[PDB]
Asks: 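Entry of interest: Transthyretin complexed with gemfibrozil.
Each chain gets a letter, A, B and so on, in the order its sequence line appears, and its residues count up from 1. Every number for a ligand or one of its atoms is a count from 1 in the order of the listing.
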Number of protein chains: 4
Amino acid sequence: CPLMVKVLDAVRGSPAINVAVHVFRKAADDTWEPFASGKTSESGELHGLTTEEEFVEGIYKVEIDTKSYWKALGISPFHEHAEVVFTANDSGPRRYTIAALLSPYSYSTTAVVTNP
Amino acid sequence: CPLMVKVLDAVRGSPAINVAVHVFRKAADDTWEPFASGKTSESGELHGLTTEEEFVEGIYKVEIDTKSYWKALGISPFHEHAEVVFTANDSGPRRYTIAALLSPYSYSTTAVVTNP
Amino acid sequence: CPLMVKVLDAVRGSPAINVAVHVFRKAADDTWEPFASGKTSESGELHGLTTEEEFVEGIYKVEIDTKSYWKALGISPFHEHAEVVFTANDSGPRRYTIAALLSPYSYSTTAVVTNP
Amino acid sequence: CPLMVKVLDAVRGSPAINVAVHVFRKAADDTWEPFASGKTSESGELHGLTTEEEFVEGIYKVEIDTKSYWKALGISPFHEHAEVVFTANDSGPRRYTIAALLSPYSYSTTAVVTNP
Ligand SMILES: Cc1ccc(C)c(OCCCC(C)(C)C(=O)O)c1
Ligand SMILES: Cc1ccc(C)c(OCCCC(C)(C)C(=O)O)c1
Ligand code: NA
Ligand code: NA
């Protein structure tokens with residue numbers, strides 16, 4: 001699994017379950033092309049977005065749909081979503097974990113990048 | 001001031017100085033139109049972005065050019081830039097402070113929304 | 001002002017108002033001795049804690065009574081309190097800002113250390 | 001595993017490896033008694049601190065030795081350590097994950113609490 005996303009909830013002290021995630025890759029014409037999407041499991045984790053073959057060099061945007069997550073829980077949050085934009089695989093294939101920690105008026109993100 | 005941006009550096013323990021910040025407003029056709037921009041001051045702050053009359057309800061995106069910031073300090077960064085995407089809502093308090101805390105592989109953002 | 005504390009609320013998107021803050025200095029016998037304390041203002045800030053003459057090099061601990069803060073808002077919190085433990089060093093810049101961002105199961109803190 | 005600790009590094013985009021962790025439990029006399037300690041693995045994780053039997057009701061302090069971690073990498077950090085202080089197992093046994101994200105002048109912590 002070359003790209004994985006994990007999301008925690010800072011209000012409940014739990015995984016953030018059923019969070020929609022959309023990944024885009026910047027195209028030659030500088031627009032964002034849809035690349036992969038899915039939703040986090042009971043453990044807050046989203047596996048299986050892509051494959052080593054398809055996950056080529058590029059600029060990627062991981063959009064985490066925080067608003068829909070909070071509204072589904074009955075909360076009115078500040079942000080529309082949380083974005084993480086980065087160049088990937090520029091020095092050969094790596095494995096990326098994108099982690100986010102959510103609050104209604106705040107979020108944090110970090111990346112773990114490892115070499116297989 | 002209806003909209004203020006403040007950026008801090010978690011590696012140096014300082015304001016993030018001379019960081020470029022672009023604000024966009026979402027247009028009816030869902031494209032992002034330029035709205036305001038500037039560079040953070042010696043205190044990491046960017047004031048004067050807009051006025052009450054110009055800052056109407058809507059979806060806004062604040063793009064912080066973190067990559068240039070780190071490169072100017074000789075640090076290899078992960079992100080292309082940081083985004084903060086939010087709805088401005090007249091019901092709520094009048095003044096928005098968007099704060100961001102920068103690290104090379106991570107970032108945190110929060111909103112401080114208050115009445116004078 | 002050589003030492004300032006600022007506290008924000010990630011659930012409400014506001015300053016954290018009326019939060020008790022205790023500062024301790026580490027004594028030669030490794031116990032923590034009271035040094036200064038106060039309550040955050042309506043802007044989430046606590047000024048006037050100490051003076052240049054009193055704030056000598058050493059190890060300090062800033063305790064923020066997060067549990068009382070959340071309970072006063074009717075929110076069930078995880079932590080007993082938040083701590084920030086650091087060395088004051090005269091080599092470095094003169095002014096220390098300790099900032100904390102509070103959620104019920106999480107918190108973030110950073111230091112902004114600058115010269116006037 | 002009723003108590004686990006995970007630590008990431010925001011500068012390197014990696015697990016924080018070989019981080020010393022000390023856990024204390026508040027005693028009847030209000031002093032902090034040593035409870036368990038260990039260090040994070042190659043994956044940034046610390047398992048095996050305690051057992052369901054020994055991990056009784058109490059106020060616990062998880063001290064993460066961030067200074068020793070950064071100094072071992074040649075960096076002079078701001079904080080002495082990162083503390084997480086909380087009441088545990090007050091409503092029966094739970095499983096706690098304590099996560100931290102480290103930068104030289106900043107850290108973040110969150111907790112995941114689950115019911116077995
Ligand atoms: C303290 C903090 C700040 C910011 C973020 C994004 C955090 O993310 C959760 C990391 C979870 C992890 C370690 C990847 C895991 O579950 O194995 C944590
Ligand atoms: C601990 C932490 C984590 C993440 C962020 C974004 C933080 O914001 C900095 C707040 C600075 C403030 C209060 C807006 C000011 O200087 O006026 C703080
Ligand atoms: Na290349
Ligand atoms: Na009980």
Asks: Just need the ligand numbers or chain letters for gemfibrozil, all copies if there are several.
Replies: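 All copies together: ligands 1 and 2.
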Asks: Which other chains have one or more heavy atoms under 4.0 Å from any atom of gemfibrozil (ligand 1)?
Replies: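 Other chains, by heavy atom: A, D.
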Asks: Considering distance alone, does some N or O of D:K6 sit under 3.5 Å from an N or O of gemfibrozil (ligand 1)?
Replies: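 N/O-N/O distance below 3.5 Å exists for this pair.
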Asks: Quick one: look at A:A100 and gemfibrozil (ligand 1), take heavy-atom pairs under 4.0 Å, and tell me if it's side chain, backbone, both or neither.
Replies: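 Looking at A:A100 and gemfibrozil (ligand 1), just backbone atoms fall under 4.0 Å.
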Asks: So, for atom 4 (C) of gemfibrozil (ligand 1), does the protein have a heavy atom nearer than 4.0 Å?
Replies: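 Yes.
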Asks: Mind checking the PDB entry for the source organism of chain D?
Replies: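 The deposit lists Homo sapiens.
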Asks: Specify which UniProt L-thyroxine-site residues in chain D come within 4.0 Å of gemfibrozil (ligand 1), measured from their heavy atoms.
Replies: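 Among UniProt's L-thyroxine binders, a heavy atom under 4.0 Å is found in D:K6, D:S108.
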Asks: As an exercise, identify every atom of gemfibrozil (ligand 1) less than 4.0 angstrom from a heavy atom of D:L101.
Replies: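 Result: 1 (C), 2 (C), 3 (C), 4 (C).
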Asks: Starting from atom 14 (C) of gemfibrozil (ligand 1), what is the nearest protein heavy atom, named by residue and atom, and what distance separates them?
Replies: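 Checking every protein heavy atom, the shortest distance to atom 14 (C) of gemfibrozil (ligand 1) gives D:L8 CD1, 4.1 Å.
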Asks: Find all atoms of gemfibrozil (ligand 1) within a distance of less than 4.0 Å from any non-hydrogen atom belonging to A:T110, and give their numbers and elements.
Replies: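 Numbered from 1, gemfibrozil (ligand 1) contributes 6 (C).
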Asks: Going by the atom numbers of gemfibrozil (ligand 1), which of them fall below 4.0 Å from some non-hydrogen atom of D:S108?
Replies: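 Taking each heavy atom of D:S108 in turn, gemfibrozil (ligand 1) has 1 (C), 3 (C) under 4.0 Å.
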Asks: Between A:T97 and gemfibrozil (ligand 1), find which residue part has any heavy-atom pair under 4.0 Å and reply side chain, backbone, both or neither.
Replies: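 Neither part.
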Asks: Looking at atom 8 (O) of gemfibrozil (ligand 1), what's its closest protein heavy atom, distance included?
Replies: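 Closest protein heavy atom to atom 8 (O) of gemfibrozil (ligand 1): A:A99 CB, 3.6 Å.
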Asks: Covalent bond partner of gemfibrozil (ligand 1): which residue and atom, if any?
Replies: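 The covalent attachment is absent.
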Asks: Quick one: what's in the binding site of gemfibrozil (ligand 1) at 4.0 Å, using heavy-atom distances?
Replies: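 Counting heavy atoms, the site comprises A:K6, A:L8, A:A99, A:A100, A:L101, A:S108, A:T109, A:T110, D:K6, D:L8, D:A99, D:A100, D:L101, D:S108, D:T109, D:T110.
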Asks: Starting from the N and O atoms of gemfibrozil (ligand 1), find every protein N or O within less than 3.5 Å and list the pair with its distance.
Replies:
residue: gemfibrozil (ligand 1); atom: 16 (O); partner: A:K6; partner atom: NZ; Å: 2.9
residue: gemfibrozil (ligand 1); atom: 17 (O); partner: D:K6; partner atom: NZ; Å: 2.5

